[PDB]
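A short write-up of the structure that comes next.
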Amino acid sequence: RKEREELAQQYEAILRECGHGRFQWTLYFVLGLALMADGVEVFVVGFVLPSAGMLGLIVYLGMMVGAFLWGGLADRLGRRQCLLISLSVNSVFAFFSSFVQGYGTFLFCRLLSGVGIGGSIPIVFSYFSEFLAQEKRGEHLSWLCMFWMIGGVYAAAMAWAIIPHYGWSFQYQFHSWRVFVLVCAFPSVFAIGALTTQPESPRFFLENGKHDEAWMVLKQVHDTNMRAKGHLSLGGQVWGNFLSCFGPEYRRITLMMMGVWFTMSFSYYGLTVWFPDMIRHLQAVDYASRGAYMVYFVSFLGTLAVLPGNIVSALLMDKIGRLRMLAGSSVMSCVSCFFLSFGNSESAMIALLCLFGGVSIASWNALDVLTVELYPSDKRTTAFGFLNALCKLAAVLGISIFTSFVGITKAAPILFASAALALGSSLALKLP
Ligand SMILES: CC(C)CCC[C@@H](C)[C@H]1CC[C@H]2[C@@H]3CC=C4C[C@@H](O)CC[C@]4(C)[C@H]3CC[C@]12C
Ligand SMILES: *[C]O(*)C1(*)(*)=[C@@](*)(*)[C@@](*)(*)=C(*)(*)C(*)(*)=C1(*)(*)[N@](*)(*)[C@](*)(=O*)[C](*)C(*)(*)(*)([C]*)[C](*)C1(*)(*)=[C@@](*)(*)C(*)(*)([C]*)=[C@](*)(*)C(*)(*)(*)([C])=[C@]1(*)*
Ligand SMILES: CCC[C@@H]1CC(=O)N([C@@H](CC)C(N)=O)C1
């Protein structure tokens, strides 16, 4: 009641006293490594597992399980400790999958690494947010979403360089897809190695009755900023946390948030996995009328296209508003997806999905900052993790359907995603 509000006000006051600029900008990279690992795994699942009947979409079920699990645990065990555990699991099994002599065993040891990386985004966003003050929280949570694209481009370049060929078979030994799989673990290994040097969030320590082990974290933040400026029953506890997200105070918020998350993720993941298929079909039909580098090129161009949108969102959200930014950017993403149909030619279709990405990254940034503004640290990571599990389910729902529609229908998935984003924007415009 009064204790929670007093704690939130006092923690915001102390966090604003600690200052911003050095500790936060270091933890930003330390956690961007984890997000880059997330993007790497997502790329390998969506655009490299088919290269070996949509059996690669089992890794997304793994990721949904892992997101829910690690998100729920991170609110009881710690944001940093559970980020360590999740990244460690992902890294160990991404390592394993390269030494494995099959696909029935490679897919399992990669499903478990997908489970690992499932809980990266919820914990990273809930963990970085415990260190950021109110007037910088949105702007500095918006820069994280670029590391996802950086990880995706990393994965695409490694694929095009080590395994540009479609040959991917496990039996011989010391292949070149094994080298790729090992090399795609590197962002995760660095993320965990760097993350073992950042302190667990002070908000979590305060919530966990650890006032001293929170004061040490806070004094570290202050000293780092200034010197550089100058001078089980645990399952029952996680269930309580989750069933609170649908209490009288969070049922409305949680349901509308679930809808926005699910629809945005459905549209985005379906569209982005379909678009290379659309390009390949377009060029195959063009050839009939008369590889991995194409996916790398479009990955690079998309990573550059979300850039101005990410910068504008990050710099503006503190004044345009998180609710308003989410609503407007979701409307713009809907309309740009509707326009995506016109790009009759590949040369023009690349640019229309560039537009989709550029105008939709602002909605994603607003969503990720809003799902941390609307929940308390007592349940922030559980709520974020559940909503990210919904995002992974949407990603399967969207990648399966749209891939099914590749050739048989021309502007089917464009219209599916336009309607989905319209529903998502309708829900987003209603949030508090
Ligand atoms: C190179 C191009 C494609 C980059 C485009 C960047 C996007 C993300 C930018 C450009 C103009 C921006 C919009 C300008 C003004 C507003 C105010 C209000 O209505 C809510 C957000 C909204 C609607 C902004 C959302 C983000 C926005 C759509
Ligand atoms: C580089 O983006 C990422 C990030 C993580 C995983 C994969 C990946 N690449 C893709 O999904 C392939 C898409 C075609 C990239 C893309 C996305 C958007 C919104 C616009 C463009 C032009 C390309
Ligand atoms: C335009 C790119 C949107 C991507 C898709 C995705 O899944 N993103 C994560 C970033 C941690 C998110 N906002 O949840 C961002």
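Since chain A takes its numbers from the PDB entry, the residues it shows come out as 142-193, 205-323, 328-387, 425-483, 593-734. Both ligands and their constituent atoms are indexed starting at 1 by order of listing.
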Drug at ligand 3: brivaracetam
Main partner chain, brivaracetam, name from the PDB entry: Synaptic vesicle glycoprotein 2A
Residues lining brivaracetam, heavy atoms within 4.0 Å: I273, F277, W300, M301, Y461, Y462, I663, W666, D670
Source organism, chain A, as recorded in the entry: Homo sapiens
Transmembrane segments of chain A closer than 4.0 Å to brivaracetam, non-hydrogen, UniProt numbering: 4, 5, 7, 10
